[PDB]
Chemist: 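Notebook entry - examining structure containing methotrexate.
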Protein chains: 2
Amino acid sequence: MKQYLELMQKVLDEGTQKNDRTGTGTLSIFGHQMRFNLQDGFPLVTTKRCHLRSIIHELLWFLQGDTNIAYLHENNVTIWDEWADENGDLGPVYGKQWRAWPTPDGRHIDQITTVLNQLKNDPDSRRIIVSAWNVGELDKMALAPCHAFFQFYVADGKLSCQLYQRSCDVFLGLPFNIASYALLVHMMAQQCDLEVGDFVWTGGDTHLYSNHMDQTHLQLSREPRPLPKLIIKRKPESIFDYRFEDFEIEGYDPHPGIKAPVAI
Amino acid sequence: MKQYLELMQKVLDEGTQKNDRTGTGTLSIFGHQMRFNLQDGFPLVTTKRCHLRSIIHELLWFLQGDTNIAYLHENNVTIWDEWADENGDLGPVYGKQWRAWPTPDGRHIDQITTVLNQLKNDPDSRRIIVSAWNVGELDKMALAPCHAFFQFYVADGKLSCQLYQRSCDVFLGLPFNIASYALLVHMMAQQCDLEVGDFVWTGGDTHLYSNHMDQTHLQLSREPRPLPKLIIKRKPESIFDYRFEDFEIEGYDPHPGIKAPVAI
Ligand SMILES: CN(Cc1cnc2nc(N)nc(N)c2n1)c1ccc(C(=O)N[C@@H](CCC(=O)O)C(=O)O)cc1
Ligand SMILES: CN(Cc1cnc2nc(N)nc(N)c2n1)c1ccc(C(=O)N[C@@H](CCC(=O)O)C(=O)O)cc1
Ligand SMILES: O=c1ccn([C@H]2C[C@H](O)[C@@H](COP(=O)(O)O)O2)c(=O)[nH]1
Ligand SMILES: O=c1ccn([C@H]2C[C@H](O)[C@@H](COP(=O)(O)O)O2)c(=O)[nH]1
């Protein structure tokens, strides 16, 4: 995509060399923002083939409140294997925080449902937020949330969403992250009878790993194809009732895939 | 400031009229970002006179972990009077979350001490975050945190900071918020022997209240003057030992202040 490819070029143009947790090395910039008008098409990267099956399943898994990779495994998704323990557990990550953030007084807050109720009864609210950044539970998580905070907004009957990603692996992570959230916005809009607005992405430490340089330049030499279209074939009773089969992506003609190593 | 005035104009040109919580009505946009190179000077608005004493005392108050406006009154600061209760308390707002985030099991996390230690021991970390968005205590707060999430970053010996503000009153709140965070970066940089970098401001619902239009138009016709310079006269034993007496602003020649009512 145009915005995505411009971000890569920017990282290469004004990024600083930084050492990191993984010990790989990164080219990095701090602070960036880009907007995607969902009415223009589904933002799935076309300059390289993306695996939508894994994106959809991870999202349904998040919405279930699940943090064990069993579900992902029976659906042949292995993107989370490197961080899970002997029992397949990842700790109180995304899924748990979204559906059951623990309060100090013994309660548990379902942020997804509260957001659904806000979009319906108080769409003008400036507090329609979901956070995965639970300071008091970070030590129990296999990995600290990258996409850790997001806010919804309604205007002219359209639903918008802004995500704050503290750490961003521009080559591997980002294409997955954008499609993941664009899909959630579509599901939320269908449940609240709203049209799709903009998906605004904001990043903290936006980086490109040292071992992804050749792949990055290979992708940059490609011209983006027209954005695919998302067709939802059903309207479930709840946001938690979607199935993989309810989604149809048409007009997706990408450039060949480019393989790259993940930094654990 | 240049970029501040540009945002002010943007809200006027592209804002959507929304009936807000107060019932006053706003003109708003969703998703915006501004960068301030702190090496160029302290980002304190010159198109109108802003007062540093309220800004400085509120920040020191935050770092104390205090949530009662008693301290603020001793120093003639009244900004939190309309939201405080009969006893002067605001509930577990900013200060409490920064210094003593409560875990579900009764413990407390000192986000500021953690951040200090990360900057000093692991500067390349992509997890140097402070969050005031405690979902479990939101209902106990007099007002949900506006400037709710911030991340620090180190590169080339320079300290940068990005703040995520979910709701922003462009006229009254914004000038305060920017200067408040620019100040913290300076205190942090001094305590961690680093040079200052960029202050990145990211906003969600960025608005302009309808009863501030005349004041906005007035300010928009004033030419911005060169930015001031912040001088920290004494280096305390810790980040918690700063006093109002330690801060000085040189070369601040602003246009006269503009009065405007607050929407409670
Ligand atoms: C969201 N996710 C989890 C996750 C957790 N730790 C990480 N750690 C690093 N350093 N980078 C990541 N992107 C990453 N992301 C991902 C996303 C994509 C791939 C990945 O290998 N993607 C390939 C192949 C996808 C596939 O396996 O089918 C692609 O091009 O899409 C791995 C993990
Ligand atoms: C950061 N802060 C806290 C705070 C809490 N609730 C709010 N609620 C509303 N809607 N607006 C705010 N700006 C606001 N902000 C503020 C910021 C500015 C002023 C204020 O009135 N400031 C100057 C403004 C002077 C000027 O306009 O030039 C003054 O002394 O009157 C009050 C509280
Ligand atoms: O959805 C995701 C998950 C992870 N990452 C990346 C960010 C970092 O490259 C690495 C996590 O390392 P830390 O930032 O936690 O140190 O994984 C993404 O880009 N997207
Ligand atoms: O530091 C602050 C505190 C408050 N506000 C503003 C934002 C909104 O105008 C109002 C809070 O209202 P809600 O967004 O919670 O509705 O005060 C700021 O801009 N900055």
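Chains: A, B, ... assigned top-down by sequence line. By the PDB entry numbering, chain A shows 1-264, in order. The residue numbers of chain B are those assigned by the PDB entry, with the residues present covering 1-264 sequentially. Header says: X-ray crystallography, 1.7 Å. For ligands, and for the atoms within them, numbers begin at 1 and follow the listed sequence. Scope of the values below: all heavy atoms of this structure, side chains included, with no hydrogens, waters or symmetry mates.
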Chemist: Mind telling me which chains or ligands belong to methotrexate?
Modeler: ligands 1 and 2
Chemist: Quick check: main partner chain of methotrexate (ligand 2), as named in UniProt?
Modeler: Thymidylate synthase
Chemist: Return the other chains, by letter, having a non-hydrogen atom closer than 4.0 Å to methotrexate (ligand 2).
Modeler: B
Chemist: List the closest UniProt active-site residue of chain B to methotrexate (ligand 2) along with its heavy-atom distance to the nearest 1 Å.
Modeler: B/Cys146, 6 Å
Chemist: Would you kindly specify which portion of B/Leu172 sits under 4.0 Å from methotrexate (ligand 2), judged on non-hydrogen atoms: side chain, backbone, both or neither?
Modeler: both
Chemist: Which residue and atom, if any, share a covalent bond with methotrexate (ligand 2) in this structure?
Modeler: none
Chemist: Starting from atom 30 (O) of methotrexate (ligand 2), locate the nearest protein heavy atom and write down its residue, its atom name and how far away it is, to 0.1 Å.
Modeler: B/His51 NE2, 3.4 Å
Chemist: With atoms numbered from 1 as shown, which atoms in methotrexate (ligand 2) lie under 4.0 angstrom from a non-hydrogen atom of B/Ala263?
Modeler: 8 (N), 9 (C), 10 (N)
Chemist: I need the nearest protein heavy-atom contact for atom 25 (C) of methotrexate (ligand 2): residue, atom name and distance, please.
Modeler: B/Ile258 O, 3.9 Å
Chemist: Using a 4.0 Å heavy-atom cut-off, which part of B/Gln215 comes near methotrexate (ligand 2): side chain, backbone, both, or neither?
Modeler: neither
Chemist: When you look for heavy atoms under 4.0 Å from methotrexate (ligand 2), do you find them on the side chain of B/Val262, its backbone, both, or neither?
Modeler: side chain
Chemist: For chain B, which UniProt dUMP-binding residues keep a heavy atom less than 4.0 Å from methotrexate (ligand 2)?
Modeler: B/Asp169, B/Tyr209
Chemist: Short check: is a protein heavy atom less than 4.0 Å from atom 13 (N) of methotrexate (ligand 2)?
Modeler: yes
Chemist: Among protein heavy atoms, which sits nearest to atom 8 (N) of methotrexate (ligand 2), and what does the distance come to when rounded to 0.1 Å?
Modeler: B/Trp83 CZ2, 3.6 Å
Chemist: With heavy-atom distances below 4.0 Å as the criterion, list the atoms of methotrexate (ligand 2) near B/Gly173.
Modeler: 13 (N)
Chemist: Please list the residues near methotrexate (ligand 2), using 4.0 Å as the heavy-atom limit.
Modeler: B/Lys48, B/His51, B/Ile79, B/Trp80, B/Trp83, B/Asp169, B/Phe171, B/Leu172, B/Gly173, B/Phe176, B/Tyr209, B/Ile258, B/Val262, B/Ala263
